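Structure with desipramine present.
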Amino acid sequence: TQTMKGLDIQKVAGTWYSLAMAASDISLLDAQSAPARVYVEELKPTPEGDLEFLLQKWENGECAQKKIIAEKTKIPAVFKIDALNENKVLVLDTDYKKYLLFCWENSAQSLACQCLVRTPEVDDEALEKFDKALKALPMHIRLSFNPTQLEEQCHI
Amino acid sequence: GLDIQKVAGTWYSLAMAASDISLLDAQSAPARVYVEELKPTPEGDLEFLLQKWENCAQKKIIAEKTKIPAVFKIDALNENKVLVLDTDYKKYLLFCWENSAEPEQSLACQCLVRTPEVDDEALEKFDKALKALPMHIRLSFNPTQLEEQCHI
Ligand SMILES: CNCCCN1c2ccccc2CCc2ccccc21
Ligand SMILES: CNCCCN1c2ccccc2CCc2ccccc21
Ligand SMILES: CNCCCN1c2ccccc2CCc2ccccc21
Ligand SMILES: [Cl-]
Ligand SMILES: [Cl-]
């Protein structure tokens, strides 16, 4: 999987909306509580060059919040979220002001990718770039949300 | 010009899409149904032999001919319709279930193939057909899932 060249995480700070999601395996996304069914609410880069994700997930009939620190690696668009080097975040592309494409990758190989947007509206341009970035990846499920869903906890 | 006699026989559900996530987001979901066989009737109706995951249950639904070619009605209330979008008879068939009952119209589309193998050409024609439709969930199966019927 190829990641963005020249990513500056200081420009991705702020609140985001998970507009669309895709995964390598149906069971990663299909259920409300599926493992990769996570909604990005905020990106917070640190001065050290780590990227904190504020996530929401449906768990046991409620929306739960989770913070995940993705630690910098030698690749500016590749972040590690465990000490075993099994789980990574890959930033595929961003224009900073409208959309950001990224993937969770597990090489224990499982992949779950998202199209984030800055404003809770459908962005057909961001959706086209998402589909173009996924073309070479072995996705078996895609989901997309409406503007009403983007503004509710856990996209209810 | 759809020829229902040539779509007869064995099929496999390769991919599925729907207008609403909750139509396809579980094995239990209402549109999560796998086509096993199409049987044309002498009167020009199309019987769909389906399997649905419960707790694999078989279901037969008769799609009756209408005055519009490749459009079939399932009920007498004209609420549920089957649309045949495209086929080459020998490899793939694309179709959509539609329900136009209140308050919002539901749509659920499938790509069927003749053999339990992934067909990138059929999946590309399905993807192209879905581009103009307001789908919010799409799924494709691997050859293992193709052979194991309702079990994925
Ligand atoms: C398989 N690892 C944990 C399962 C969920 N997970 C995924 C899913 C697909 C690919 C990679 C990952 C990595 C970790 C992660 C982080 C946040 C949400 C889901 C996931
Ligand atoms: C492996 N590439 C499949 C391409 C088409 N495909 C997509 C597209 C984007 C994201 C996920 C998927 C997987 C399932 C699917 C189902 C139906 C039509 C297209 C697609
Ligand atoms: C609303 N009908 C409930 C059963 C699900 N169903 C769907 C789903 C979405 C859109 C249309 C339809 C038409 C009827 C039908 C027939 C066979 C399987 C599922 C469905
Ligand atoms: Cl770089
Ligand atoms: Cl989708």
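The chains carry the letters A, B, and so on, in the order of their sequence lines. By the PDB entry numbering, chain A shows 4-111, 115-162, in order. Numbers in chain B come straight from the PDB entry, and the residues shown are 9-63, 66-162, in order. Whatever order the structure lists ligands and atoms in, that order sets their numbers, starting from 1. Heads up, header says this was done by X-ray crystallography, 1.7 Å. Computed over heavy atoms, backbone and side chain alike; hydrogens, waters and symmetry mates excluded.
- Lab note - all copies counted, desipramine located at ligands 1, 2 and 3.
- Bound to desipramine (ligand 1) with the largest number of contacts is the chain that UniProt calls Beta-lactoglobulin.
- Using a 4.0 Å cut-off on heavy atoms, the other chains next to desipramine (ligand 1) are A.
- At a heavy-atom cut-off of 4.0 Å, the residues contacting desipramine (ligand 1) are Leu31(A), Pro38(A), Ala39(A), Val41(A), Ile84(A), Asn90(A), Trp107(A), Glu108(A), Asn109(A), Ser116(A), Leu117(A), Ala118(A).
- Proximity to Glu108(A) (heavy-atom distance under 4.0 Å) selects the following atoms of desipramine (ligand 1): 11 (C).
- Protein heavy atom closest to atom 3 (C) of desipramine (ligand 1), with residue, atom name and distance, is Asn90(A) OD1, 4.7 Å.
- The entry models no covalent bond from desipramine (ligand 1) to a chain.
- Shortest contact from atom 7 (C) of desipramine (ligand 1) to any protein heavy atom: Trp107(A) CB, 4.2 Å.
- Near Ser116(A), meaning under 4.0 Å from one of its heavy atoms, desipramine (ligand 1) places the atoms 10 (C).
- Here the heavy atom of the protein found nearest to atom 19 (C) of desipramine (ligand 1) is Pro38(A) O, 3.5 Å.
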